[PDB]
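Figure: bezafibrate in its bound pose on Peroxisome proliferator-activated receptor delta.
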Amino acid sequence: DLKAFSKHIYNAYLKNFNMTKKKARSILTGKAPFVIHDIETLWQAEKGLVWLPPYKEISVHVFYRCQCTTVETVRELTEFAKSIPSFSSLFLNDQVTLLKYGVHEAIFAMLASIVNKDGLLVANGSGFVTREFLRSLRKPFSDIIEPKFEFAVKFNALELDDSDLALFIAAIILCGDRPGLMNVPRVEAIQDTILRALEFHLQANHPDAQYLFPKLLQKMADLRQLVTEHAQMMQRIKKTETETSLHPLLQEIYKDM
Ligand SMILES: CC(C)(Oc1ccc(CCNC(=O)c2ccc(Cl)cc2)cc1)C(=O)O
Ligand SMILES: CCCCCCCCO[C@@H]1O[C@H](CO)[C@@H](O)[C@H](O)[C@H]1O
């Protein structure tokens, strides 16, 4: 039962995310992606080696590739969530509310899967963008990406696997305290089932792990703070970078944060 619940969640995760952490870990270790570390390699990646609104400048261009990637992850997360029968039993507007406030927490948790201390995979693992290059970007674009790295490196210490991640992200999305939910008790009851499924699953999958479940609850709290700070950087970019186009779906997500 609690196993059939988790296994259903794990299959919805494999069914919907192109890049698993297993796939990613193969590539980052070497079982190779074109490395983008400066303007020249970026241009080469675009010419066809690895790959939008009208061009503006390099730092805005990278930001657009960020937007394109996160919009795609939002689409996958939505399909993943609709593939959870309990999620799909909420009223559609509550489903949207959960996604609105949950996807970025889930995106920054999943980002850890494709990152190491030196950069991150792009374009389905065919490119690799260095943390160095990202840091070099014009402000404020260089400050938005670096904190995700700090979180991702500590997060990867936990050494979760894809079966853990599927339950963790389900728990991030099925969150009872999002503003404007209609049926708080029903969502709270679903979240509780996922959390018990998670503790159960971690018991068997990480038998020697001390304090992993509470450590993961703290990561959920950490992700909430990451996304609050991220949304503050986005609102500032909206005010001061008026030439930078902002994808409409992402504008709706950030409207009231
Ligand atoms: C997209 C946007 C506006 O801001 C964000 C900025 C950065 C990241 C981290 C993920 N970045 C990437 O996946 C990424 C994609 C392509 C390139 Cl060339 C570099 C980095 C996530 C989100 C968002 O908040 O949705
Ligand atoms: C502003 C609110 C208008 C949107 C109304 C859509 C509500 C219907 O939403 C439906 O509810 C069902 C459970 O009742 C779910 O199983 C379905 O997935 C969902 O589509």
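For this chain, numbers begin at 1 and follow the sequence in order. Both counts, for ligands and for their atoms, begin at 1 and track the order of listing. For the numbers below, each heavy atom of this structure counts, side chains included, while hydrogens, waters and symmetry mates do not.
- For bezafibrate, the full set of ligands or chains is ligand 1.
- Here is the list of bezafibrate atoms found below 4.0 Å of a heavy atom in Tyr254: 23 (C), 24 (O), 25 (O).
- Across the listed options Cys66, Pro147, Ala152, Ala123, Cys66 owns the non-hydrogen atom lying nearest to atom 19 (C) of bezafibrate.
- Distances below 4.0 Å separate heavy atoms of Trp51 from the following atoms of bezafibrate: 18 (Cl).
- Proximity of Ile107 to bezafibrate, defined as any heavy-atom pair under 4.0 Å, is not found for any part of the residue.
- With respect to atom 15 (C) of bezafibrate, the closest heavy atom belonging to the protein is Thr69 OG1, 3.5 Å.
- Proximity to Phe63 (heavy-atom distance under 4.0 Å) selects the following atoms of bezafibrate: 3 (C).
- In this structure, chain A contacts bezafibrate chiefly via UniProt domain NR LBD.
- In this structure, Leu250 has a heavy atom closer than 4.0 Å to bezafibrate.
- One option in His247, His104, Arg65, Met234 has a heavy atom closer to atom 23 (C) of bezafibrate than any other, and that option is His104.
- When each atom of bezafibrate is checked for a heavy atom of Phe108 under 4.0 Å away, the hits are 21 (C).
- Checking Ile36, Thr70, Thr244 against atom 22 (C) of bezafibrate, the nearest heavy atom belongs to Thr70.
- Closest heavy-atom approach to atom 4 (O) of bezafibrate among the candidates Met233, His230, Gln67, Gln251: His230.
- Close contacts of bezafibrate with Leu120, meaning ligand atoms under 4.0 Å from a residue heavy atom, involve 12 (C), 13 (O).
- The organism that the entry gives for chain A is Homo sapiens.
- With the cut-off at 4.0 Å and only heavy atoms counted, the binding site of bezafibrate comes to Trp51, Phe63, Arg65, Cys66, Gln67, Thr69, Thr70, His104, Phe108, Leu120, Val122, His230, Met234, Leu250, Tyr254.
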Give every pair formed by an N or O atom of bezafibrate and a protein N or O atom closer than 3.5 Å, one pair per line with both atom names and the distance to 0.1 Å, or write none.
{"unit_1": "bezafibrate", "atom_1": "24 (O)", "unit_2": "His104", "atom_2": "NE2", "d": "3.2"}
{"unit_1": "bezafibrate", "atom_1": "24 (O)", "unit_2": "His230", "atom_2": "NE2", "d": "2.5"}
{"unit_1": "bezafibrate", "atom_1": "24 (O)", "unit_2": "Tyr254", "atom_2": "OH", "d": "2.5"}
{"unit_1": "bezafibrate", "atom_1": "25 (O)", "unit_2": "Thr70", "atom_2": "OG1", "d": "3.1"}
{"unit_1": "bezafibrate", "atom_1": "25 (O)", "unit_2": "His104", "atom_2": "NE2", "d": "2.8"}

